[PDB]
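Structure showing trimethoprim engaged by Dihydrofolate reductase.
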Amino acid sequence: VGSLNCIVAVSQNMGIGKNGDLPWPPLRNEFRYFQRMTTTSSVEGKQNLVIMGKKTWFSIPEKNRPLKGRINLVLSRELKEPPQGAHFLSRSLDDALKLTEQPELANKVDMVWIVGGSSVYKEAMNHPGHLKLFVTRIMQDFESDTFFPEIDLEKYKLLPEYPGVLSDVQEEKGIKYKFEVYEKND
Ligand SMILES: NC(=O)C1=CN([C@@H]2O[C@H](COP(=O)(O)OP(=O)(O)OC[C@H]3O[C@@H](n4cnc5c(N)ncnc54)[C@H](OP(=O)(O)O)[C@@H]3O)[C@@H](O)[C@H]2O)C=CC1
Ligand SMILES: COc1cc(Cc2c[nH+]c(N)nc2N)cc(OC)c1OC
C-alpha cells in the first residue's frame, strides 16, 4: 500500500526515445517482459494502478488499449475529462498519487507503477518517501531527442540482480540490453 514503482528503459547514450518513440524497434521480449512483469502481482485479489503521460498514451496503439490486467491512468493538466480508452485522469502527480493513496481507492489499489514519461519521473524523482526505479540499459547506439536525468548513486542503490527480475543480458533483432534495478533510501 502507498508503494510507488518506476519502470522505464534507456539507451546506452542515456536516451529514452525520439518523437515519442523508443530508440530501438519494437522488442517482443521487452514488450512481453514489461507486461508480464507488471502483471506479476505479489498480492492476490488486488489490481495494479499504472500512470502514463499524454505522449505515452497517444503513443500506445488502440489495439492494446485499454490494457487489460491493470488500470491505465493518464496525466493531463489541459484536458478536463479523461481520454477515450483511459480508466481515470489526473490533473497532477500529487492528485493521482493522493487519490490512489486514499482509503477510498486504497481498497481497490495496492501498488502503483510508473510507465513514463520523463515528466512523470521528474515530479516523482522529488519524492521523499521510499520509491523503486527500474532502469533498462540498452547496449546499442541510437538516436534520441530526450535525455534521462542522472540518478544519484548516493541516494539510489544499484541493484544488478534482484529477485523477480532477470540479470542476464537479453538479445532481440540483434539488440542487446540489460535490466537494472534502482532503490531509493528513505
Ligand atoms: N525507453 C523507454 O522505455 C521509454 C521511453 N520513452 C521516451 O521518453 C519520452 C517521455 O515523454 P514525456 O516526458 O512524457 O513527454 P512530454 O514532457 O513532452 O509530455 C508529457 C506529458 O505528460 C503530461 N504530464 C506529465 N507530467 C505531468 C504532471 N505532473 N501533471 C500533469 N500532466 C503531466 C503532460 O500532458 P498535458 O500536455 O496533457 O499537460 C505532458 O505534456 C517518450 O516520448 C519516449 O521518447 C517513453 C516511455 C518509455
Ligand atoms: C506497455 O506498452 C508500451 C509501453 C511503453 C513505455 C515503456 C516501454 N519500455 C520500458 N522499458 N518502459 C516503459 N515505460 C512504450 C510503448 O511504446 C513506445 C508501449 O507500447 C504500447
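We number chain A the same way the PDB entry does; the residues here are 1-186, in that order. When reading the values below, keep in mind they use all heavy atoms of this one structure, side chains included, and skip hydrogens, waters and symmetry mates. Both counts, for ligands and for their atoms, begin at 1 and track the order of listing.
Counting all copies, trimethoprim can be found at ligand 2.
For chain A, the UniProt NADP(+)-binding residues having a heavy atom under 4.0 Å from trimethoprim consist of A9.
Most of the residues of chain A within contact distance of trimethoprim belong to the UniProt domain dhfr.
Restricting to residues UniProt lists as binding substrate in chain A, the heavy-atom distances under 4.0 Å from trimethoprim involve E30, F31, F34.
The source organism of chain A, per the PDB record, is Homo sapiens. Counting heavy atoms under 4.0 Å, the binding site of trimethoprim comprises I7, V8, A9, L22, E30, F31, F34, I60, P61, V115.
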